[PDB]
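Entry below: contains dequalinium.
A, B, C, ... go to the sequence lines in the order they are written. Residues displayed in chain A correspond, in order, to the PDB entry positions 2-187. Chain B residue numbers are taken from the PDB entry; in order, the displayed residues are 2-187. Just so it is clear, the values below take in all heavy atoms, side chains as well, and ignore hydrogens, waters and symmetry mates. Whatever order the structure lists them in is the order used to number ligands and atoms, beginning at 1.
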There are 2 protein chains.
Amino acid sequence: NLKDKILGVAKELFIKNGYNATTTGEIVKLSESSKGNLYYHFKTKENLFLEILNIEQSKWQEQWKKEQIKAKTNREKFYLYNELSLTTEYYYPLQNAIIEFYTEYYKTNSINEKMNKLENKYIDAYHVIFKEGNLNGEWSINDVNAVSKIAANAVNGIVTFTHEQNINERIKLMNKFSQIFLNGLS
Amino acid sequence: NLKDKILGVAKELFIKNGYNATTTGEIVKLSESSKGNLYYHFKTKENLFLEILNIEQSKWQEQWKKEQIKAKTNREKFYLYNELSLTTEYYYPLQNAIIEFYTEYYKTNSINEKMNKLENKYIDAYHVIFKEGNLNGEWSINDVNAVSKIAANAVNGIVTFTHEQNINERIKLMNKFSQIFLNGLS
Ligand SMILES: Cc1cc(N)c2ccccc2[n+]1CCCCCCCCCC[n+]1c(C)cc(N)c2ccccc21
């Protein structure tokens, strides 16, 4: 598939290299596609990017739901999600690329556009977990939406800023975090 | 000095045109130095940059030493340091060159190694706050080294992946997080 070929080489390079490091030229030489290809469903570069992001976001959200069963209580769901957040092959491996992409477009107003609906899925997982926990009486969070955002970002941090040290060490930290966070919620 | 002069000019250059565009040539001519002297001092642009980064870490620490006086108890220092981390990077010029540099050299262990020694220094702050916090019964943490790395990275998370939100909101979420976290240690 050509339309689904660009997306392939793209995600690949955006991960190995940064947002800038990888260029349209490089994709075209490994995916074979003139300017045209990139225009109907692939306008700009930040377009082909915001695309990949959504795909991955869904790939992750899906995997999460197909695996959250191994967790009976929401307290366990919180812990798990965070741990999985470290093992996955979806979305998280593009955080560095995102950090860049943002530090180099936070001017073009059409940024907080997708950067919005995207920030939703990103925190939705926590939103449910937290609200459901309220119903299930595991805790009582009145500012769910906030805690959701905080948890989501703190976790992204532990996943992103320690991406080079022993995976077991990581898993250990993340769990000690999840333990400390939930415990500060009541 | 002439070394100090290269670092100076280099910091500015990096700040004005980023890491990738700054050429050692520019650095050499503007610092009124020479390819040879610049080689003898840093060997490479990457090292030159890491060196600036080190000096920068120093200023940060020194600054934090003055600023933490406004914080009597360790609980307070935790709160302060976090907010500070968020607000100061909002308008930290080098930030862009750093993002660029990291998301382009974390592949190499040579460089990644040195960078971790740097990130460590950041973490030390939290280690001190937590250790002292123990000795004052503000809390009881027996795995300081861990809690420290965790805090550190969670905070980097909230600082990095939120940029796109009203500055106050960001500060609010941060302070909330410091509240939740600090409470889950009791
Ligand atoms: C003076 C001074 C003054 C201030 N007001 C100040 C304010 C805020 C922060 C530093 C400040 N400093 C000095 C700051 C010196 C900082 C040296 C930092 C070295 C480390 C970066 C590590 N890193 C890692 C590990 C992993 C990542 N995925 C990653 C992704 C994107 C970007 C960086 C990444």
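Within the model, the positions assigned to dequalinium, copies included, correspond to ligand 1. In this complex, the main macromolecule engaging dequalinium, as named in UniProt, is HTH-type transcriptional regulator QacR.
Heavy-atom contacts below 4.0 Å between dequalinium and other chains occur for A, B.
Near dequalinium, within 4.0 Å on a heavy-atom basis, the structure shows A:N97, A:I100, A:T161, A:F162, B:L54, B:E57, B:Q58, B:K60, B:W61, B:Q64, B:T89, B:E90, B:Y93, B:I100, B:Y103, B:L119.
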